[PDB]
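A short write-up of the structure that comes next.
Here is the naming used below: chain letters follow the sequence lines, and residue numbers restart at 1 for every chain. Heads up: this isn't the whole entry, just a piece of it, and contacts are only counted within that piece. Modified residue -> parent or X. Extra atoms: not counted.
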Amino acid sequence: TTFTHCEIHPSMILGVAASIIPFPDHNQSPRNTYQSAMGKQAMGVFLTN
Amino acid sequence: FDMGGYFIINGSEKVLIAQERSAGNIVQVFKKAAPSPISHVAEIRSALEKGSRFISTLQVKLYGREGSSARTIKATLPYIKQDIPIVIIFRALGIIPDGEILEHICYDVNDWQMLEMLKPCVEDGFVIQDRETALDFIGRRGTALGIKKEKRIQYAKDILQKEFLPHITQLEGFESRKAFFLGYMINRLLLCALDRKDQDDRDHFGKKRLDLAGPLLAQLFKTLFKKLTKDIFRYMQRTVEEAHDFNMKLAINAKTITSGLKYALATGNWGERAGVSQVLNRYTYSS
Amino acid sequence: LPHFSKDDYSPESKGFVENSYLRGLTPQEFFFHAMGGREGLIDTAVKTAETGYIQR
Amino acid sequence: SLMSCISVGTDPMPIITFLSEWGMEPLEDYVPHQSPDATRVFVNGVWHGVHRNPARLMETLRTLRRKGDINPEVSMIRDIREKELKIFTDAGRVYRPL
Amino acid sequence: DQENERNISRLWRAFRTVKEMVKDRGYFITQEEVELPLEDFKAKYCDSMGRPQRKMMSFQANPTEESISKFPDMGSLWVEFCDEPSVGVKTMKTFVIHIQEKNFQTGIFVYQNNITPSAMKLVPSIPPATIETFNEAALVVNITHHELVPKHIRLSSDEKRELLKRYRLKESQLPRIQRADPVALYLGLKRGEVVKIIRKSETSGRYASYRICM
Amino acid sequence: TXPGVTXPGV
Amino acid sequence: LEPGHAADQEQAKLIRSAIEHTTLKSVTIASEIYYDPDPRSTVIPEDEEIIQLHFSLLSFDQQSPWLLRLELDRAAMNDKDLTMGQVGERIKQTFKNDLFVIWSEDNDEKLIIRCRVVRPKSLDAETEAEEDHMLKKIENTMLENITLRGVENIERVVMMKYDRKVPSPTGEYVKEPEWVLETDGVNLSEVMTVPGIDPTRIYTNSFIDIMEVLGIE
Amino acid sequence: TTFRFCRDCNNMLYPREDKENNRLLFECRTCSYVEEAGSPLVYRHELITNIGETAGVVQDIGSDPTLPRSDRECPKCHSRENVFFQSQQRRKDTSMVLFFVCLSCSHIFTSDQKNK
Amino acid sequence: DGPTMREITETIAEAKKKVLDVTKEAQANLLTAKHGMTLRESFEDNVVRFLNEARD
DNA sequence: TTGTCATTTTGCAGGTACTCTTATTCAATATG
RNA sequence: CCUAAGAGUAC
DNA sequence: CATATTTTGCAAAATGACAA
Ligand SMILES: [Zn+2]
Ligand SMILES: [Zn+2]
């Protein structure tokens with residue numbers, strides 16, 4: 001007990017692509033890397049206009 | 001939902017990828033391999049933000065391996081063909097006595113190990129006992145080789161004022177500050193050589209800087225506007241030597257800045273590096 | 001990590017993941033596992049390039 | 001990362017004035033023998049002088065940055081073992097909130 | 001005297017390796033001389049002062065009947081040991097003239113440390129006499145007994161002709177062995193001569209290769 | 001070395 | 001090892017000591033240079049017993065007043081079969097009579113080696129000033145050039161217990177253990193000639209050395 | 001070694017042989033300042049350096065939050081709380097022995113056992 | 001099941017206790033360096049071996 | 001009439017396939 | 001059409 | 001007004017002496 005700061009939330013260490021992964025802490029890390037690289041190739045609605 | 005943060009060049013959305021680089025004005029000490037004669041090298045990538053924005057690399061190298069006896073420390077000054085011994089630099093800056101030099105280098109009297117490791121430097125520099133002599137020595141090592149003997153002093157003064165540690169100052173009268181900084185660099189080098197601190201990690205993210213759109217566009221515009229103002233000066237010289245009339249519109253060429261910025265943003269290359277500007281990916285929002 | 005004190009050589013401080021994938025990894029264990037996986041990926045790329053050259 | 005930002009750089013003159021006001025010894029008249037346990041103060045990698053009471057200086061710098069008088073992007077590091085005080089205000093530094 | 005004991009032990013090992021080398025070359029050396037014990041060697045070739053003598057350690061060998069039948073062109077051989085650590089021009093000259101006047105086609109010089117390059121240039125004497133120099137340190141351990149070293153048998157000219165004829169080979173199409181290889185020095189190969197190599201293969205029990213000296 | 005990583009040497 | 005001494009652990013230790021390279025740098029705790037006006041008495045009370053043994057047992061008027069003192073490590077002399085007499089003999093042999101060397105006994109509390117460069121009969125009015133520098137150079141070369149024991153290019157030797165298949169006299173192939181030495185660094189030519197080992201069975205990772213020592217095959 | 005400087009021109013002093021008294025004499029190389037010698041030692045070379053392991057200790061070392069705390073006995077105050085850290089000598093062969101600084105007395109004591 | 005998870009946790013705790021004891025021995029300098037490696041390398045080797053056999 | 005040993009310069013190339021998009025082609029002063 | 005650059009797929 | 005030109009891994013090969 002000599003802390004100077006506190007993390008706002010640990011899940012904020014992740015990036016934009018890795019924040020989509022559900023339960024990323026229950027996965028082997030290369031799988032998380034694969035999903036991070038592969039969700040950019042996912043198909044959806046890029047813009048409303 | 002569109003977030004912005006990108007340019008539209010010729011109707012194409014271009015984004016500037018943040019370019020990573022090593023931070024400037026930080027002293028880093030690195031060990032060297034066995035075959036090399038220098039064992040440890042302390043270097044600083046000196047640069048000034050509010051000036052010419054030029055990179056001048058000062059290196060302080062410790063010659064001789066662990067088993068070697070002649071462990072002389074030498075500095076690589078810019079525009080000098082040889083590695084000048086450090087004590088010569090201290091005497092050139094204006095610190096003649098050996099005790100004052102060692103005080104500027106070593107901050108602990110009891111640290112006799114550093115003094116023992118540093119004695120070869122003063123032994124090497126004993127031949128020069130005067131500031132003017134050291135300045136003449138540096139000028140003689142000067143790579144220009146187009147200066148008379150009595151003006152070599154001035155040339156060395158210019159080297160030690162406008163080229164040696166620019167990030168500290170460019171004016172005169174701050175010799176003591178640069179001498180103190182050189183002593184600090186040698187102190188760090190000797191601490192690393194004495195196995196008191198590990199060599200600096202090049203991968204430490206706190207030693208890295210990310211150039212965003214701001215600094216990148218700033219340096220590109222600095223180069224481009226320097227080109228434009230040189231063109232303005234050339235036009236003024238041409239129109240005054242030919243005694244023609246002077247006009248502002250005929251002087252300025254906005255095409256220079258416009259085309260330069262548009263070319264740097266339209267193509268990946270950043271000049272006149274590659275892939276600095278990339279087509280914004282619009283396959284998905286997260287992309 | 002800045003979440004440990006200086007000179008901590010405990011298994012948790014230097015990358016021992018005592019949790020299974022079923023239980024889930026703590027943030028520090030998650031980061032250490034990420035470092036291990038990054039090493040694996042880099043090794044894979046280097047190995048495939050080097051093996052191609054050697055095979056040729 | 002989601003909450004990571006990059007500093008845009010600020011002018012270090014106000015911080016240098018604060019340091020001089022609060023008791024930073026100028027480097028020109030610094031004699032190491034008379035001040036052995038002096039903390040060297042660096043601003044953007046430029047050794048500006050030494051301070052004899054680094055604890056109070058760091059405390060007041062933290063207070064000023066925590067009330068907004070110093071720009072929050074400015075990073076201040078106190079290395080006790082090395083007896084150094086580094087202040088960085090240049091652009092390109094990546095930070096996160098805590 | 002421990003240094004003297006180790007020196008005489010190394011000299012005895014070198015003598016054993018030299019005798020083995022000469023016997024392998026096809027000359028008549030009885031098995032008893034090869035297996036000579038340390039005490040007998042110390043009694044014969046070492047004085048009462050404990051310093052071994054090399055002048056009476058040098059010897060002469062002659063080809064055996066089988067070698068003469070197979071190689072009817074090679075005669076007596078001379079092996080010499082030098083006493084002084086460094087061999088000068090005068091001693092090498094005496095050795096080579098002694099070789100020449102005794103009609104030896106081969107003479108092995110065994111030196112202690114080194115040969116002066118001024119004596120190396122005069123090592124090639126008038127043919128067919130050949131001079132081979134060996135360092136005692138290199139002759140302490142017989143390399144041919146190492147399990148990695150397979151069996152080497154020099155081929156006669158008729159055997160080499162038959163080998164080239166049966167396999168339709170030219171001189172250059174055989175595998176090469178350098179004329180500086182330790183086994184080639186051990187057997188005294190000359191350029192153009194082919195050694196048959198007997199090896200214990202693991203796919204077949206026995207495998208015979210051939211290497212031509214270059 | 002190599003190249004890369006001539007020789008050495010040449 | 002030799003087949004008759006394959007399992008003999010102390011013989012394996014003997015061979016390990018015999019081949020492993022040892023330098024003074026791995027043994028000397030520290031080195032110093034002192035100014036003793038006479039080579040008959042010392043100003044250090046600790047090592048006065050050494051001089052009052054050596055001088056009493058035993059010329060000295062041609063010895064430089066400068067002295068080089070080496071303090072060794074007890075642990076270094078313990079883990080390796082090295083003693084004060086051995087290192088003193090090595091120094092005396094490698095420096096001939098040019099350096100007068102004395103050493104404390106092994107049972108003494110501190111391992112001390114005292115060296116003085118002998119003075120040639122020719123008088124010099126300038127070599128006296130640089131005598132200290134000369135002694136420094138001698139200390140430098142004494143740290144690395146000379147070898148206490150072992151052959152060169154042998155950084156470190158370790159001993160392992162392997163288990164090979166040996167045909168039993170009754171006929172079967174039984175598991176028989178042996179002591180085997182693994183050496184960092186390759187000096188195949190010099191190691192192979194060391195007595196007590198099996199010269200036939202020596203092997204090396206560096207097949208270049210095998211080729212240039214044993215042969216192309 | 002404890003090197004000393006000339007008090008006339010602030011320069012180094014080198015050892016020098018003497019004949020009249022056969023004594024070590026420290027001399028200046030530029031102003032001929034000459035004086036006696038405090039100790040016969042003129043050069044020390046630490047092959048195994050023991051000092052520097054406790055380096056970096058400062059009168060307010062307890063203010064560092066990253067330094068771990070401990071309740072080990074302080075054999076000058078008998079206080080529990082103190083800070084501890086391993087050897088500061090960055091050689092690869094140094095031992096993992098710990099050092100403790102009491103925050104009420106600033107006395108450094110080790111966890112070694114051969115020394116004790 | 002529950003008993004197996006409890007036994008696994010007990011095994012991990014026992015291995016961590018052994019690592020802590022080795023750390024106490026090393027920090028008291030009572031640990032002896034394996035021939036061919038330094039003190040720190042021997043300590044790291046022991047810790048890694050204990051953790052690996054714990055996981056196994 | 002022969003070895004010796006000890007600094008200063010010497011060349012470089014990085015796996016196999018495959019898909020897509022974007023930009024750019026010397027600017028400008030000068031003579032016919 | 002050429003060239004260059006960037007992004008990406010399977011190893 | 002339009003075309004023309006101004007990061008990485010070393011063992012040697014070579015050099016300057018040289019010493020009588
Ligand atoms: Zn003086
Ligand atoms: Zn206390």
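- The drug or candidate drug modeled at chain F is actinomycin D.
- The chain that actinomycin D (chain F) touches most here appears in the PDB entry under the name NTS(non-template strand).
- Within the structure, the other chains placing a heavy atom under 4.5 Å from actinomycin D (chain F) are, by letter, J, L.
- This deposit refers to DNA chain J as TS(template strand).
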